[PDB]
Trainee: 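Okay, here's the structure I mentioned, the one with mavoglurant.
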Amino acid sequence: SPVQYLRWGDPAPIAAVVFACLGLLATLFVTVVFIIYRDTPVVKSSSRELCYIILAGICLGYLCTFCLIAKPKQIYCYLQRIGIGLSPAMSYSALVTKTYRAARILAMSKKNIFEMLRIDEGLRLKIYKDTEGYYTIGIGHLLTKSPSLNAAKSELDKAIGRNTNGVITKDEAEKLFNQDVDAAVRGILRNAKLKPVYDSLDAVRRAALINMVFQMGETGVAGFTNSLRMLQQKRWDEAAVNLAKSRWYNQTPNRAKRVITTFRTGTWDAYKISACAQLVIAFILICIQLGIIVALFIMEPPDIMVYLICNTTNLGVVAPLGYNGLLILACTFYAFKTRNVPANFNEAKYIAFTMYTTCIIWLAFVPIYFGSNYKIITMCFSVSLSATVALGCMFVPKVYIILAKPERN
Ligand SMILES: COC(=O)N1CC[C@@H]2[C@H]1CCC[C@@]2(O)C#Cc1cccc(C)c1
Ligand SMILES: CCCCCCCC/C=C\CCCCCCCC(=O)O
């Protein structure tokens with residue numbers, strides 16, 4: 001009885017239970033909310049099936065302490081290992097597919113703007129110089145500022161990752177372009193006249209704005225004061241008419257006509273320019289962790305050594321800890337890639353933050369747990385902590401909006 005130890009002077013098992021109980025209630029609350037309001041845009045805009053898997057993984061995470069703190073039976077030693085291993089696996093391996101999808105979608109987004117400026121501005125598959133004599137390649141991508149032709153080739157190989165000999169491909173030129181796009185966005189966000197307009201526009205209309213920036217510069221686009229205001233107020237037809245009078249339109253009519261049209265419709269008409277799969281992939285990554293656990297049940301049969309001490313060795317912990325580490329490492333990679341993506345009510349910002357802490361939690365777990373003389377309690381807190389973080393950062397801000405701010409919804 002957890003009360004006995006609490007009264008004998010040890011509040012560790014009673015605390016882990018309360019922690020686990022409060023966690024289960026919290027997870028139960030969140031899921032029910034997502035069920036009732038499943039049709040609300042804040043729940044509809046994300047993969048609902050994946051969230052259910054993440055919420056299920058966290059629930060088992062809290063249930064883990066009930067196997068770590070239990071009456072000494074044989075199967076509880078089984079439930080411990082199958083729980084501490086699979087519960088993070090259910091959460092992170094479903095979260096990686098979510099982030100990976102968000103990474104491909106973003107990459108495909110940068111693909112369109114690349115094809116846009118390839119048509120509007122052009123491209124060179126070998127090294128050249130700009131109007132100021134500096135070595136350049138691709139779509140106006142500066143390589144270096146030294147007169148050395150050798151210097152440019154060195155910088156190119158480091159950027160591409162191979163011996164290019166001053167020659168690249170379309171795909172490699174897009175890579176260099178992605179950098180210049182991000183740099184352009186950085187400048188726009190730091191420009192007081194361009195920032196409000198950029199924030200109001202959709203994905204397509206933002207590319208048309210960056211198009212203008214790459215032609216005239218920031219200090220040039222800011223000259224379209226009246227037109228920029230029209231775009232911000234979503235008055236497309238008035239913006240197009242106003243832009244068609246500019247010196248910019250009369251100087252480069254062929255290109256300007258396409259950019260203006262993109263502001264109009266918010267489509268790529270001027271330019272020639274899966275859910276079920278995610279569940280299967282998530283299922284596969286979970287079964288891999290299960291195969292590891294089942295194998296270790298065979299290699300090293302679990303046996304009983306309030307506290308339930310089992311005979312689980314290092315290898316019985318290290319292997320599923322390492323696999324979970326990869327799931328975490330992969331998630332962070334894609335989450336950091338999509339950290340600024342505003343889809344789903346700035347969802348990804350919260351996702352990235354969770355993966356930052358989880359890496360610290362995982363990294364801290366290794367020296368702490370393996371140097372500890374109180375392993376069971378340190379395993380209870382560790383699992384309940386990283387489960388709480390994933391619940392507090394990813395789900396709570398969505399529950400808040402859904403219950404406290406239904407108008408925002
Ligand atoms: C075999 O041991 C492990 O693989 N680990 C030991 C501790 C545990 C895990 C790896 C990452 C950190 C951890 O503390 C956790 C977790 C967790 C559980 C359920 C839901 C969520 C979102 C996270
Ligand atoms: C942020 C997480 C990224 C790191 C993932 C790296 C994966 C490495 C795999 C396994 C490392 C497990 C460490 C176990 C060392 C054994 C210590 C001991 O025996 O006491």
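Sequence positions, counted from 1, serve as the residue numbers for this chain. Remember, it's 1-based here, ligands and their atoms both numbered in the order they're listed.
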Trainee: Mind telling me which parts of the structure correspond to mavoglurant?
Mentor: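 It corresponds to ligand 1.
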Trainee: For mavoglurant (ligand 1), which chain wins on contact count (greatest number of heavy-atom pairs under 4.5 Å), named per UniProt?
Mentor: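 The largest contact partner is Metabotropic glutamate receptor 5.
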Trainee: Please list the nearest protein heavy atom to atom 18 (C) of mavoglurant (ligand 1) with its residue and the distance rounded to 0.1 Å.
Mentor: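 Checked against all protein heavy atoms, atom 18 (C) of mavoglurant (ligand 1) sits closest to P88 CG, 3.6 Å.
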Trainee: Nearest protein heavy atom to atom 13 (C) of mavoglurant (ligand 1), by residue and atom, and its distance?
Mentor: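 Heavy-atom neighbour on the protein nearest atom 13 (C) of mavoglurant (ligand 1): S386 OG, 3.4 Å.
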Trainee: To which of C59, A56, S91 does the heavy atom nearest atom 20 (C) of mavoglurant (ligand 1) belong?
Mentor: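 Looking at heavy atoms only, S91 sits closest to atom 20 (C) of mavoglurant (ligand 1).
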Trainee: With a 4.0 Å cut-off on heavy atoms, is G85 touching mavoglurant (ligand 1)?
Mentor: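 No; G85 lies far enough from mavoglurant (ligand 1) that no heavy-atom distance drops under 4.0 Å.
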Trainee: For mavoglurant (ligand 1), which atoms sit closer than 4.0 Å to a heavy atom of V383?
Mentor: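 Contacts of mavoglurant (ligand 1) toward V383, numbered from 1: 14 (O), 18 (C).
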Trainee: Is any transmembrane segment of chain A, as UniProt numbers them from the N terminus, within less than 4.0 Å of mavoglurant (ligand 1) by heavy atom, and which?
Mentor: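 Numbered as in UniProt, the segments qualifying with a heavy atom nearby are 2, 3, 5, 6, 7.
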Trainee: For mavoglurant (ligand 1), which atoms sit closer than 4.0 Å to a heavy atom of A390?
Mentor: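 Answer for mavoglurant (ligand 1): 22 (C).
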Trainee: For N324, counting its heavy atoms only, list the atoms of mavoglurant (ligand 1) lying under 4.0 Å from any of them.
Mentor: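 Going through mavoglurant (ligand 1) atom by atom, the ones under 4.0 Å from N324 are 3 (C), 4 (O).
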Trainee: For atom 7 (C) of mavoglurant (ligand 1), state which one of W362, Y92, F365, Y323 supplies the nearest heavy atom.
Mentor: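 The residue whose heavy atom sits nearest atom 7 (C) of mavoglurant (ligand 1) is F365.
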Trainee: Considering only heavy atoms, does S382 approach mavoglurant (ligand 1) within less than 4.0 Å through its side chain, its backbone, both, or neither?
Mentor: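 The answer is both, backbone and side chain.
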Trainee: What's sitting near mavoglurant (ligand 1)? I mean other ligands or ions under 4.0 Å from that drug.
Mentor: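 I find none.
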Trainee: Less than 3.5 Å between some nitrogen or oxygen of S87 and one of mavoglurant (ligand 1), yes or no?
Mentor: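 No, since none of the N or O atoms of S87 sits under 3.5 Å from an N or O of mavoglurant (ligand 1).
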Trainee: Name the closest protein heavy atom to atom 21 (C) of mavoglurant (ligand 1), giving the residue it belongs to and the distance to 0.1 Å.
Mentor: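 For atom 21 (C) of mavoglurant (ligand 1), the nearest protein heavy atom is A387 CA, 3.8 Å.
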Trainee: Nearest non-hydrogen atom to atom 1 (C) of mavoglurant (ligand 1) belongs to which of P320, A89, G23, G61?
Mentor: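 Heavy atom nearest to atom 1 (C) of mavoglurant (ligand 1) belongs to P320.
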Trainee: List the closest protein heavy-atom neighbour of atom 2 (O) of mavoglurant (ligand 1): residue, atom name, distance to the nearest 0.1 Å.
Mentor: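 Answer for atom 2 (O) of mavoglurant (ligand 1): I84 CG2, 3.6 Å.
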Trainee: Tabulate residues with any non-hydrogen atom nearer than 4.0 Å to mavoglurant (ligand 1).
Mentor: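 Residues with a heavy atom in range: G57, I58, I84, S87, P88, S91, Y92, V317, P320, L321, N324, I328, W362, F365, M379, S382, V383, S386, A387, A390.
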